[PDB]
Enquirer: 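Here is fosfomycin bound to Metallothiol transferase FosB 2.
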Amino acid sequence: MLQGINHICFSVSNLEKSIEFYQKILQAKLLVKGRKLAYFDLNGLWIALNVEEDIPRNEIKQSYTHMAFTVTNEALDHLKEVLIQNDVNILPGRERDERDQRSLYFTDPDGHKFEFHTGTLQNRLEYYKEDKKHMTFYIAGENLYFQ
Amino acid sequence: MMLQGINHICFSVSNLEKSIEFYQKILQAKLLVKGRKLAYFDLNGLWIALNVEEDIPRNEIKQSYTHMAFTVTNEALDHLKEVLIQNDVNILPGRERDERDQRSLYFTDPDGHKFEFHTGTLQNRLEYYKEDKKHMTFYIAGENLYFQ
Ligand SMILES: C[C@@H]1O[C@@H]1P(=O)(O)O
Ligand SMILES: C[C@@H]1O[C@@H]1P(=O)(O)O
Ligand SMILES: [Zn+2]
Ligand SMILES: [Zn+2]
């Protein structure tokens, strides 16, 4: 089996500009930088940036593939401000239901999509659990009267 | 304000049936829920989601080194290489490794997301890189030198 997440690595075109984004925006802690790499600690997670300077980065804009980090509601508000102050590319979200809970989607300088999300997986499940529930009328097992 | 850690990762996939089977059999993620265009998993406590996007272009991704790595033991790495080959997993040859890198296997899901099974830690790596800086260091300000 697998023992858990080891690291996540991002291919970047401009190591110094990306180091500043990962520090400023994702609040990652720098550990070591080289000529073509950077390692950071993000709340226990090992994040690596590796340079690929002349590669195409325009189809990445089409895919919803993304990574989300946990934030509170006030934190989301303060981070939207931060992403505005720092000229980050902020994506318009998909439509959301209230029970979806709040998110902010944005990308790094090379198009990797990130999200700040205020909920949990179980919230997302209780949400779907509740709507299954809303579509159930005979609780098999229940006792019916007048029979 | 603050971040608290990885909430989830979402992979855009083209074929939901084929992808769920990949994440189940290769990554060993536990499917928790399934729909027309989504599927949610739990893998060792990580929320993994697939969201279908049938008709986007998925060429350039193969040219990018961004990837996600999971920790495994060395025997597990051997086991997993056979699992991948048997299930016809696109295995990549990987970069050149110092033995000090620790062993790895790189490969892709069917839509080109790169993954890695790794047998080292950030600790191992930083210590490897530091043990290199030590090797190129010859004097210690501090010690009792012998003739000044
Ligand atoms: C650890 C940084 O991701 C790179 P590697 O997998 O090439 O070592
Ligand atoms: C949870 C799966 O990532 C998708 P969402 O960010 O659109 O909810
Ligand atoms: Zn998401
Ligand atoms: Zn790696």
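Below, read A as the first sequence line, B as the second, and so on, with proteins coming before strands; counting in each chain starts at 1. Every number for a ligand or one of its atoms is a count from 1 in the order of the listing. Just so you know, these numbers use all the heavy atoms, side chains as well, and skip hydrogens, waters and symmetry mates. Method of determination (from the header): X-ray crystallography, 1.7 Å.
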Enquirer: Give every ligand number or chain letter for fosfomycin.
Expert: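 Copies included, the answer is ligands 1 and 2.
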Enquirer: Which other chains have one or more heavy atoms under 4.0 Å from any atom of fosfomycin (ligand 1)?
Expert: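 By heavy atoms, the other chains are A, B.
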Enquirer: Using 4.0 Å as the heavy-atom cut-off, which UniProt Mg(2+)-binding residues of chain B are near fosfomycin (ligand 1)?
Expert: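 The UniProt Mg(2+)-binding residues passing the heavy-atom test: B/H67, B/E116.
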Enquirer: Across chain B, in which UniProt domain are most residues that contact fosfomycin (ligand 1) found?
Expert: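 The answer is UniProt domain VOC.
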Enquirer: Who's the nearest protein heavy-atom neighbour of atom 4 (C) of fosfomycin (ligand 1), and how far?
Expert: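 Its nearest protein heavy-atom neighbour is A/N50 OD1, 3.6 Å.
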Enquirer: Does the deposited structure record a covalent bond between fosfomycin (ligand 1) and a chain, and if so to which residue and atom?
Expert: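 Modeled covalent link: none.
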Enquirer: Taking 4.0 Å as the limit for heavy-atom contacts, which would you say applies to A/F10 with fosfomycin (ligand 1): side chain only, backbone only, both, or neither?
Expert: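 It is neither; nothing of A/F10 touches fosfomycin (ligand 1).
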Enquirer: Just need the protein heavy atom nearest to atom 2 (C) of fosfomycin (ligand 1), so name the residue and atom and give the distance.
Expert: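 In this structure, atom 2 (C) of fosfomycin (ligand 1) has A/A48 CB, 3.5 Å as its nearest protein heavy atom.
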Enquirer: If you look at the UniProt active-site residues of chain B, which one is closest to fosfomycin (ligand 1), and how far apart are the nearest heavy atoms, to 1 Å?
Expert: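 Closest UniProt active-site residue (heavy-atom distance): B/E116, 3 Å.
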Enquirer: As an exercise, identify every atom of fosfomycin (ligand 1) less than 4.0 angstrom from a heavy atom of B/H67.
Expert: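 Once the distances to B/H67 are compared, the set is 3 (O), 6 (O).
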Enquirer: Which protein heavy atom lies closest to atom 6 (O) of fosfomycin (ligand 1), and at what distance to 0.1 Å?
Expert: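 The answer is B/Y106 OH, 2.9 Å.
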Enquirer: Which protein non-hydrogen atom lies closest to atom 8 (O) of fosfomycin (ligand 1), naming both residue and atom, and how far is it?
Expert: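 Ranked first by proximity to atom 8 (O) of fosfomycin (ligand 1) is B/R125 NH1, 2.7 Å.
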Enquirer: Measuring from the heavy atoms of B/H118, does anything fall under 4.0 Å of fosfomycin (ligand 1)?
Expert: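 No.
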Enquirer: Provide the residues lining fosfomycin (ligand 1) within 4.0 Å, heavy atoms only.
Expert: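 Counting heavy atoms, it is made of A/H7, A/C9, A/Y39, A/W46, A/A48, A/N50, B/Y65, B/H67, B/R95, B/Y106, B/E116, B/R125.
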